[PDB]
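Below you'll find the structure, written out as structure tokens, and then a few comments.
In what follows, every chain begins at residue 1, and chains take the letters A, B, ... in the order their sequences are listed. As the structure lists them, so they are numbered: ligands from 1, and atoms in each ligand from 1.
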Amino acid sequence: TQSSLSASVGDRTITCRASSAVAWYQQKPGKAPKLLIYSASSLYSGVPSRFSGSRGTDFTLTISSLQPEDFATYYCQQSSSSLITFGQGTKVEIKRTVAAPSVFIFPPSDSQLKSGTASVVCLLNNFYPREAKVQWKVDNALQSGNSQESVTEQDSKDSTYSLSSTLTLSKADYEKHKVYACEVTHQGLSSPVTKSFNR
Amino acid sequence: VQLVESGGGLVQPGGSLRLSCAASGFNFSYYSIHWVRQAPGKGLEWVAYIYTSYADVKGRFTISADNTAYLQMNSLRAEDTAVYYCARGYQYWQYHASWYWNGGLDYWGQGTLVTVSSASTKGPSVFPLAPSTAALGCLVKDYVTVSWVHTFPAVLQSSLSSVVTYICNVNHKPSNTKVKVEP
Amino acid sequence: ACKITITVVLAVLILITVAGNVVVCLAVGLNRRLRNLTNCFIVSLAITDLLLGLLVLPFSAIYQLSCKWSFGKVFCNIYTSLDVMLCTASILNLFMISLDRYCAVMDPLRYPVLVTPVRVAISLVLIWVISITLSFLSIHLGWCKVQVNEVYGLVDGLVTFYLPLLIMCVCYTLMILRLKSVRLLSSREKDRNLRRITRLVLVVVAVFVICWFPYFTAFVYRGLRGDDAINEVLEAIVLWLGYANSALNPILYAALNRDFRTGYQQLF
Amino acid sequence: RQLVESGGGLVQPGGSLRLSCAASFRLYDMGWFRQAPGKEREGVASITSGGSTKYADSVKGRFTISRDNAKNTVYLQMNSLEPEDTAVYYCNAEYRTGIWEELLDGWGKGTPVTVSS
Ligand SMILES: NC(N)=NC1=[SH]CC(CSCC/C(N)=N/S(N)(=O)=O)=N1
């Protein structure tokens, strides 16, 4: 057992609480994990010296100085009697000032309704950090089990995220109700922000 | 030292597939070969090593070795879909492994995608997200390559949306399906 | 009742001796792999045990079962001379094979130069010439049963059997001591070949000595304490035990060495 | 026959570990090798029945090998241990089963050593 860490370049430590010595791996998005530390304290050949591992019983990985390259997920791998098990893994990321989401609600297009499917999209743009909550209220009634959320990776230029939440309703159900809205709560926002349209 | 994997492909529930690993540049006798699975959008998971053991996938899975190690999967399920990795370690890692020792897997490959889906090609439907700076975008549903700007990661339904804050051209290579956004 | 069983046993012995010796000759001659300079002595030994069975053994059988001699003195002298010559022509081939093995083991890398094929031909020719000359110059010129006396009988036991035996024992003791001391002899395959062939020769020699030791002990004793000192059953059990070695040798050759077994399997 | 290896433990830098290999017709040679996670097997020392010894360049001046003929036990004494010496040190023995038998080789299971504390 080890979730998310925000740190700027040049800032110094991950922890994977368990007694087989752990090994630490590194993997960037969509690539092959590399080895970093083995036997709980030994640096792999050809690896930058910044990474170091310290053994009480709570093992800790540490990075002395962050670099632009050093931004990825880290994994601990503890042996056992006869089967090994990888840690849940943590993920460093670039610190950046707080920002507030810009909310846009999109009415279902006429053609999509013509097919028979209604989708309502709530778009949050350029909001930092990742944590946010989106709630769907239809006719002043909260809905559950009918929405999906997708989050982008950090932007290269401004290190900001975008979230799209999509509500899927049957065309008949869409016709039944009149008021559709999405409520967004964020750290920056003083109060919940609601955008509403009318069928 | 080079490790390669093959045998990853589309499968259906209850199916069986066998994956082989290529070993080159080293003496096979002194090493153990491990198979590691990373489910899409999830953490690393260990399946087995090839002296054989299995994760508590026990029974359903079989492992064997010939300089090639083979993993056989039976009664496949939806959860099995993932990217599979082949790694190299010490021969007696279990005997060697101790409170002070853990060798680790020094060399890794590139991974192979095993997709278990009971489905066939279906046509993507692209719809204009009319602007009700005013953002606008196109939606892709029930299908991907989208060209014109933020494109969201694809989602798996029981779809991806592209928003620009203009012509959106959506190309699905498997089905050869090719599809102006204004107020 | 007993006569039928003994005659069947003697017929079986003659049959095994003849068949085994022809098998060894055919396998060694026919197969190219088994043609080597060490196997020249083995083929000579095969001929020297083939003749004993083809000629000497049937008359000895007749004489033993019937208990009378009828062919006559003229033949009888030929039969005893022939019998004596074949023994002298087997205790010299064993000496030469043991000299071959001592030369190979003790002095490796010089075995090809020293043991030239012409030398092997000279050794075989000399061995047969000495055997025949001694047999017929100690049979025609004097000095059916071999006639023991004061100096001829006593001298033959000591000079023919006992003297070669001690040289062969010294050669084998030294060869075993060096074999144990050394680690690598000559490629790994070459070392294993030398060791296996040395085992083959040592077992054939030990079998020969164990088979023929009782007869020669009796032969010395009859000179020492009188011709009739020992019983008839003891006198005639040893002779047949000695004669059995000729039948026994082919089995040893096949069992000890893989190449003989393969050649025999191919032949039949 | 089984080669039993021992003397493997976690050692602080600069420490010393004396290893011991026990073999249960004749034993001709015994060798030591080290295999690291990203490196190939490397010879460190070898000793004959006579007692002649040869050493690798890195090992030289710190490692010594000696043979006990009576009990068929060899040992390696490592001094000036440094993090580069982290490896699984494997024992190796050459032997003959019988007088007429061919020479054969034997491999140990490995004793893991970590120069850290
Ligand atoms: N080589 C040589 N110089 N002498 C001898 S003496 C006996 C011998 C073995 S063949 C004689 C076997 C035989 N007829 N025995 S017996 N009791 O007379 O009927 N070689």
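The option from atropine, flumequine, streptozotocin, famotidine that is found at ligand 1 is famotidine.
This structure shows the largest set of contacts to famotidine (ligand 1) coming from the chain UniProt labels Histamine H2 receptor. Other chains with a heavy atom closer than 4.0 Å to famotidine (ligand 1): C. Going by the entry, the organism behind chain C is Homo sapiens. With a heavy-atom cut-off of 4.0 Å from famotidine (ligand 1), the UniProt transmembrane segments of chain C in contact, counted from the N terminus, are numbers 3, 5, 6, 7.
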